[PDB]
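Structure (with dihydrotestosterone).
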Amino acid sequence: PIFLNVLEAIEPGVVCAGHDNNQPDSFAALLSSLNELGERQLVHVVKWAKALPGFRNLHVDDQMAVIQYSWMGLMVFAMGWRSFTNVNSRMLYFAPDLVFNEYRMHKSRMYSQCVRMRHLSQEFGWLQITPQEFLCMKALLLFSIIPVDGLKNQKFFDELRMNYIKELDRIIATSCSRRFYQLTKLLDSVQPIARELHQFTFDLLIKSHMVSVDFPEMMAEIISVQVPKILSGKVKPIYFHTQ
Ligand SMILES: C[C@]12CCC(=O)C[C@@H]1CC[C@@H]1[C@@H]2CC[C@]2(C)[C@@H](O)CC[C@@H]12
């Protein structure tokens, strides 16, 4: 299980948000902490991605683009997994020091988005997703959103995505057909959630001053340069099933 060995080996560890749980729950503090959590996770996602089998075959500009477009989905998926394995989807486990209960989902002004995320988390249980399945699915998420006009070296990307899809089917192995169908359906469901968060973070960045919400360096640049390309339709997610 060479492929599975690698994915398990490179899987990022625990990342705290640095939230002061002693201070009252407020939109400002919660979102600021989420943004800081995102900055920290971004660092881990970059190291993880670059250590993925074949990732370095991609053109260098494509390497960063793929990461900059797929980070929302990747982080939402892993967070849903953490919520499943830690609190059985009861709450959203963003970090050990930033767990969202219903009250926080409301104060964050992202209640509808959190609902979709908790639903995603519940799916891990309803589908009995295995740790091994989780890992391959997460890897595939990195190769699930690109420029409609293509990447610098689209062929390298296509071969890479193909091989990761084949690995998912592999660990899966009538029954297998049902399983693959279900996991690809689950993967597709991540995209709508990611787009809602893209829209939300974009709007929040634009009015960040007014509501006292702080965005760290990497987050601000990516959200003002990359995210708009997605919201304007220049960059679109890759779906398995027709939407
Ligand atoms: C990706 C993060 C942080 C990592 C995670 O566990 C998932 C979570 C999903 C909501 C994101 C948050 C990062 C900061 C964002 C983008 C806020 O600006 C609004 C939505 C937040």
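Numbers in chain A track the PDB entry; the residues on display, in order, are 671-843, 850-919. As the structure lists them, so they are numbered: ligands from 1, and atoms in each ligand from 1. What's counted below: heavy atoms across the whole structure, side chains too, no hydrogens, waters or symmetry copies.
Here the macromolecule bound to dihydrotestosterone with the most contacts is known in UniProt as Androgen receptor. When non-hydrogen atoms are compared, dihydrotestosterone lies under 4.0 Å from the side chain of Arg752 (C-beta onward) but not from its backbone. For atom 16 (C) of dihydrotestosterone, the closest heavy atom belonging to the protein is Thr877 OG1, 3.2 Å. Close contacts of dihydrotestosterone with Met749, meaning ligand atoms under 4.0 Å from a residue heavy atom, involve 6 (O). Each of the following atoms of dihydrotestosterone lies closer than 4.0 Å to a heavy atom of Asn705: 14 (C), 15 (C), 17 (C), 18 (O).
Against a heavy-atom cut-off of under 4.0 Å, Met742 is close to the following atoms of dihydrotestosterone: 16 (C). Residues of chain A contacting dihydrotestosterone are mostly from the UniProt domain NR LBD. In summary, the atoms of dihydrotestosterone found under 4.0 Å from a heavy atom of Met895, numbered by their order in the structure, are 13 (C), 14 (C). Of all atoms in dihydrotestosterone, numbered sequentially from 1 with element shown, those under 4.0 Å from a heavy atom of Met780 are 20 (C). Taking a distance limit of 4.0 Å, we find that atom 2 (C) of dihydrotestosterone is approached by no protein heavy atom. The closest non-hydrogen atom to atom 5 (C) of dihydrotestosterone, taken over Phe878, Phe764, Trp741, comes from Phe764.
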